A.B. asks: 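Here it is: the structure, laid out below.
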Protein chains: 2
Amino acid sequence: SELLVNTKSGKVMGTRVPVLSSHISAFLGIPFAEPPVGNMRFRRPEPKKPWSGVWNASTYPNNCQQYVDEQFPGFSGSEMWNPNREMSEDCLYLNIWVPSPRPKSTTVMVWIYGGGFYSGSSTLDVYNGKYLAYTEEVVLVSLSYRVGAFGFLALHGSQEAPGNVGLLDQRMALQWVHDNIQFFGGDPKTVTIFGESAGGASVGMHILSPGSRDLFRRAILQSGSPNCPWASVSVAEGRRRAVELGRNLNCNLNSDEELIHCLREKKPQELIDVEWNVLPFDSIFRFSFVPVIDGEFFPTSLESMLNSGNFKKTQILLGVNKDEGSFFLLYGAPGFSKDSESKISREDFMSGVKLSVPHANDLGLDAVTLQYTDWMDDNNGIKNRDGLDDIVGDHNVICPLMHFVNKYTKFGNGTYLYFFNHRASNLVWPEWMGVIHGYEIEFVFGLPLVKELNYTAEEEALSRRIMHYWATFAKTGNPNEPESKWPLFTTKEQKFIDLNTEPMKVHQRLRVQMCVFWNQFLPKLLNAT
Amino acid sequence: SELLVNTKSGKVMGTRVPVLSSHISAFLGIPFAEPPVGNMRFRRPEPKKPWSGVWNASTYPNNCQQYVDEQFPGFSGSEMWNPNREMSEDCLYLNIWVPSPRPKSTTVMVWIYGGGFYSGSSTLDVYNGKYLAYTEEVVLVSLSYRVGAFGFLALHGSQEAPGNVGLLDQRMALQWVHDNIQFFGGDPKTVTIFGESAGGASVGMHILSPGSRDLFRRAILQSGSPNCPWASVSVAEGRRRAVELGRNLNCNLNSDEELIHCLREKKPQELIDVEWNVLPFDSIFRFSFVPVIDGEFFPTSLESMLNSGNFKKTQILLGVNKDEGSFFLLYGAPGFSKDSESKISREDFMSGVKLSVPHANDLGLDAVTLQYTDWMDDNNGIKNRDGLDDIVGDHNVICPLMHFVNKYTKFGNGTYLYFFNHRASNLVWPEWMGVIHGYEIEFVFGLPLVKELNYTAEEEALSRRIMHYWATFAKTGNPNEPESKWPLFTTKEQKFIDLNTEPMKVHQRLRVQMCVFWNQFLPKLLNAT
Ligand SMILES: *[C@@H]1O[C@H](CO)[C@@H](O[C@H]2O[C@H](CO)[C@@H](O)[C@H](O)[C@H]2NC(C)=O)[C@H](O)[C@H]1NC(C)=O
Ligand SMILES: C/C=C1\[C@@H]2C=C(C)C[C@@]1(N)c1ccc(=O)[nH]c1C2
Ligand SMILES: C/C=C1\[C@@H]2C=C(C)C[C@@]1(N)c1ccc(=O)[nH]c1C2
Ligand SMILES: *[C@@H]1O[C@H](CO)[C@@H](O)[C@H](O)[C@H]1NC(C)=O
Ligand SMILES: *[C@@H]1O[C@H](CO)[C@@H](O)[C@H](O)[C@H]1NC(C)=O
Ligand SMILES: *[C@@H]1O[C@H](CO)[C@@H](O)[C@H](O)[C@H]1NC(C)=O
Ligand SMILES: *[C@@H]1O[C@H](CO)[C@@H](O)[C@H](O)[C@H]1NC(C)=O
């Protein structure tokens with residue numbers, strides 16, 4: 001039967017799912033690791049022990065334990081991102097959408113979700129892979145990995161909580177795909193990993209880490225880079241946050257063994273309740289438990305790895321959205337509100353700058369403020385709001401990604417850069433937020449093709465165009481069909497294209513003026529002072 | 001006789017001079033101090049001893065000893081600024097143009113020339129006061145003062161070469177005007193001092209210095225402010241440069257007395273020959289012997305004086321030209337030439353930045369470079385050239401002046417700001433230089449009214465308009481006739497007007513973006529690092 005697949009770990013039974021007046025196969029909730037529960041919490045993952053009989057893969061699995069966004073109860077804009085399945089530490093499963101009839105050896109795409117390493121679910125409606133798998137004839141896989149303390153508590157030197165285990169979960173899923181995707185009709189030698197936000201940083205981290213490189217062929221990074229200021233911490237900071245977490249739960253802090261034991265006896269929600277109390281600074285776009293530069297998963301600092309060309313050399317396709325920063329200003333910066341135009345006063349602007357660049361001294365803050373202020377109209381509420389939006393987006397997403405693309409392109413085999421600037425016609429978030437962080441995902445996964453979702457014909461066309469770009473790239477290493485051509489990004493010309501409902505346009509040096517400030521000047525200033 | 005005036009110092013005989021098909025009286029070469037020759041070199045000036053008989057004031061006096069510009073022999077563009085009379089240390093004289101018939105008590109304007117405190121002559125063709133005196137019915141006076149080492153060698157603590165003596169020469173001339181202008185038909189209670197470049201800085205210095213304040217009523221500053229980075233040095237730097245000058249002339253440096261004695265035995269040209277060798281840095285728009293913050297002429301630092309409102313409170317009219325920096329880049333920056341378009345490479349740009357901000361460390365240089373570079377087109381020769389032009393103009397003239405105007409306006413009785421951006425149709429300097437430092441002078445002095453000079457009718461109209469603005473301001477403290485109105489500059493609105501052949505336009509916050517960088521950010525950065 002088409003819904004029955006025998007893998008190296010055992011047999012799995014899928015289910016037929018309808019999609020755009022047709023059907024395909026779906027194998028949901030396939031385990032790729034032993035449940036990281038009990039004495040295994042914080043530990044590196046273990047491969048799932050093979051099973052006898054048939055594994056029922058007809059329904060979505062549980063979501064990992066995580067902070068749940070309750071800032072706007074009942075509001076779909078924020079709740080569509082929250083876990084939509086019961087949460088549980090027993091959450092290491094993957095999902096696969098397979099075209100019908102089953103392919104023999106087709107292109108494979110593996111999705112990595114990414115809410116700042118503290119949130120994410122492979123089961124969100126916006127991650128339904130049936131549309132992409134069906135439309136582009138690719139085997140679509142979505143994995144999962146532990147987030148929050150569960151996946152990133154780091155007490156370097158300890159083997160019980162070494163850190164980066166959430167990344168290792170991802171790696172184990174990729175290993176499983178590499179070993180078994182052939183049985184689902186996928187070609188294990190043509191696997192493209194792609195993710196957004198922390199998922200985008202994750203993709204880049206697998207490109208960097210020696211132990212992950214051989215597990216995939218190509219990569220796509222959306223609004224996220226491995227070198228993002230929020231994507232990793234030093235072994236020392238990781239340890240500090242781990243100890244501080246223990247302090248919040250009245251744990252014995254005499255030894256790593258004492259701390260870990262205590263943390264393992266706590267219920268999942270107890271860790272989540274105090275998770276945010278360990279951040280070192282009052283800030284936005286900063287998360288508590290994230291990957292650590294340990295000398296193992298990451299041999300050396302990310303910058304020296306990028307500079308020496310110490311990473312997987314292949315083709316990459318990546319880009320950013322127009323207003324990456326708006327979402328984070330809304331959730332934490334004074335003056336912003338979901339139901340107002342959020343015009344910002346000169347004072348809230350300064351408070352925003354402080355929250356946006358927590359690690360900066362006064363001179364650094366002045367440099368930022370000067371760089372983003374229109375001194376011929378410094379009290380313009382809209383300009384202050386948009387200025388902060390750009391500050392947060394440039395610092396946390398765009399400029400770190402541009403640094404990565406320029407460093408990578410020097411050794412890579414092909415780079416394609418995009419700038420997504422289309423605001424969906426059916427967004428429920430206010431207009432001032434613009435093209436929000438994470439909102440290119442629905443186009444990548446083809447939601448606009450679903451009539452009931454109220455997208456415009458132009459948006460459906462955009463989705464199809466993006467899906468075909470992503471799938472063609474995954475298949476050939478070039479988004480262009482062998483129409484206007486998406487030029488290759490080169491060190492010299494640095495071309496990129498815009499992704500919107502208007503006729504494609506090619507541009508050059510994406511926000512270069514600002515990124516030179518964030519990538520070259522500010523770091524030098526903070527280091528000299 | 002109309003050409004005979006009895007002053008408190010003796011009788012003087014003037015001469016009738018033709019002007020625009022008419023005539024007026026001119027009393028040229030009137031001495032206001034004892035010749036600062038011999039043992040008086042470097043000393044404070046002494047009042048001229050009264051004389052018996054009639055002083056022949058029919059011809060221009062000698063010009064003070066100074067460096068002579070030979071960068072373009074035979075070229076009028078540069079030579080029209082060189083001394084046009086024999087040079088001599090016996091140069092402390094003033095010139096007066098009086099309307100005919102002689103007024104009884106009319107508005108007085110005193111011009112102060114200013115080539116970086118190292119050059120200047122009251123006899124230049126562009127300083128002919130007959131046009132302004134005649135056209136506006138004002139008594140026009142042009143004074144003189146020692147420049148170079150002769151007027152500013154400073155060995156603080158010594159009474160033989162205390163420094164600032166060139167400023168004291170100016171003061172003595174103003175004292176003479178205050179005491180005797182009534183006999184020429186001028187009203188000593190309505191004297192406006194005005195000057196350009198170092199002359200503009202001088203005007204501001206008389207506004208600041210307690211001992212000069214009571215000698216005039218109003219002030220006009222053109223392309224120069226007292227706080228300019230090149231307008232003054234500390235007592236320590238002044239001493240260092242004085243000693244270094246002695247070192248260049250093989251002087252005994254055991255004591256101030258030894259050094260001064262040696263310097264006084266040297267011929268004037270010997271000091272001038274090595275004058276430029278004492279600068280501390282390789283730089284442009286920096287001069288060797290300039291005013292010193294001595295605690296006497298200047299009670300305290302200029303900034304604390306400006307901040308505490310410790311200065312003469314009256315009305316001021318001041319402004320700048322569009323391309324203040326071009327002239328200095330041409331004479332000293334790599335890549336610039338008088339006969340080429342001077343497109344600058346990225347490397348010469350960096351060399352230019354270094355020469356423009358000599359006192360800055362590498363971080364400071366990077367900040368400047370970043371601020372003036374268009375990173376979407378960093379190798380554009382014209383943009384690099386224009387960028388350097390702006391850097392030099394903003395740092396040395398415009399931003400220091402804007403800082404002065406904002407500090408002054410807080411305590412002053414009325415401020416009028418202008419931005420001169422008309423390039424004369426008959427300039428012989430290349431087009432890339434634009435509206436050059438010092439080129440608004442010919443319009444202020446009315447040269448365009450002279451047909452033989454080949455100006456356009458529109459330029460004649462502009463000159464008349466400017467002359468009437470200057471004279472009406474000198475007379476009433478308001479440039480506007482009791483036509484489009486020149487708005488008052490206020491701390492709040494910060495309005496100013498443009499001066500060109502096009503219909504007057506009012507603007508706000510003159511180059512505020514750049515000046516915040518130069519006046520607030522860069523100083524803070526250099527101080528923190
Ligand atoms: C990506 O790598 C390929 C192969 O390493 C580059 O193309 C090569 O194609 C052949 C090998 O398969 C060689 O014979 C060619 O010489 C080589 N291409 C050239 C002209 O050097 C390809 O250029 C790389 N693409 C990018 C964008 O770097
Ligand atoms: C940085 C946090 C994110 C990102 C964007 C949004 C809108 C919500 C978020 N919590 C989230 C939640 C779940 C998820 O899968 N991705 C993301 C990406
Ligand atoms: C800073 C030096 C200057 C200024 C502008 C020019 C063009 C020449 C200059 N040497 C000069 C020479 C004589 C003079 O009277 N003024 C000036 C003003
Ligand atoms: C598991 O499979 C059975 C059929 O064997 C069926 O009830 C359903 O698809 C799954 N059970 C659940 C989770 O309801
Ligand atoms: C489409 O529009 C209807 C009615 O306006 C609305 O109720 C519905 O929520 C929209 N579609 C979606 C995304 O549910
Ligand atoms: C000085 O005055 C005399 C007349 O007394 C006359 O020769 C001329 O105006 C002046 N002399 C000079 C400098 O030629
Ligand atoms: C006016 O033009 C003539 C002829 O073109 C030129 O020789 C002269 O120099 C100009 N006028 C001046 C400033 O001398």
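All chains are named by letter (A, B, ...) in the order of the sequence lines, taking the proteins before the strands, and each is independently numbered beginning at 1. Order of appearance sets the numbers: ligands from 1, and atoms from 1 within every ligand.
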A.B. asks: Would you happen to know which of meclofenamic acid, huperzine A, avibactam, methaqualone is at ligand 2?
C.D. replies: huperzine A
A.B. asks: In this deposited structure, which macromolecule lies in greatest contact with huperzine A (ligand 2), as labelled in the PDB entry?
C.D. replies: acetylcholinesterase
A.B. asks: Around huperzine A (ligand 2), which other chains have a heavy atom under 4.0 Å away?
C.D. replies: A
A.B. asks: Among A:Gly114, A:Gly199, A:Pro83, A:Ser121, which one has a heavy atom closest to atom 18 (C) of huperzine A (ligand 2)?
C.D. replies: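 Shortest heavy-atom distance from atom 18 (C) of huperzine A (ligand 2): A:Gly114.
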A.B. asks: Nearest to atom 3 (C) of huperzine A (ligand 2), what protein heavy atom do you find, and at what distance?
C.D. replies: A:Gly115 CA, 3.6 Å
A.B. asks: Looking only at protein heavy atoms, identify the closest one to atom 4 (C) of huperzine A (ligand 2) and say how far it is in Å.
C.D. replies: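 Answer, as residue, atom name and distance: A:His437 CD2, 3.7 Å.
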A.B. asks: Could you tell me whether some N/O pair between A:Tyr118 and huperzine A (ligand 2) is separated by less than 3.5 angstrom?
C.D. replies: yes
A.B. asks: Give me the nearest non-hydrogen protein atom to atom 14 (C) of huperzine A (ligand 2) as residue plus atom name, then the distance to 0.1 Å.
C.D. replies: A:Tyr127 OH, 3.3 Å
A.B. asks: With heavy atoms of A:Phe327 as the reference, note each atom of huperzine A (ligand 2) found under 4.0 Å away.
C.D. replies: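 Result: 7 (C).
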A.B. asks: Can you check whether A:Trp81 has an N/O within less than 3.5 Å of an N/O in huperzine A (ligand 2)?
C.D. replies: no
A.B. asks: Please work out whether any backbone atom (N, CA, C, O) or any side-chain heavy atom from C-beta onward of A:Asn82 is under 4.0 Å from huperzine A (ligand 2), and answer side chain, backbone, both or neither.
C.D. replies: neither
A.B. asks: Among the heavy atoms of A:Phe328, does any lie under 4.0 Å from an atom of huperzine A (ligand 2)?
C.D. replies: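 True for this residue.
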A.B. asks: Could you identify the single nearest non-hydrogen protein atom to atom 12 (C) of huperzine A (ligand 2) and state the distance to 0.1 Å?
C.D. replies: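 So the nearest neighbour among protein heavy atoms is A:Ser119 OG, 3.6 Å.
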A.B. asks: With the threshold set at under 4.0 angstrom, would you say A:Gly116 reaches huperzine A (ligand 2) through any of its heavy atoms?
C.D. replies: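 It does; at least one heavy atom falls under 4.0 Å.
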A.B. asks: Dump the pairs for me: huperzine A (ligand 2) N or O, protein N or O, distance under 3.5 Å, to 0.1 Å.
C.D. replies:
{"unit_1": "huperzine A (ligand 2)", "atom_1": "10 (N)", "unit_2": "A:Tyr118", "atom_2": "OH", "d": "3.3"}
{"unit_1": "huperzine A (ligand 2)", "atom_1": "10 (N)", "unit_2": "A:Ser119", "atom_2": "OG", "d": "3.3"}
{"unit_1": "huperzine A (ligand 2)", "atom_1": "15 (O)", "unit_2": "A:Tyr127", "atom_2": "OH", "d": "2.6"}
{"unit_1": "huperzine A (ligand 2)", "atom_1": "16 (N)", "unit_2": "A:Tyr127", "atom_2": "OH", "d": "3.3"}

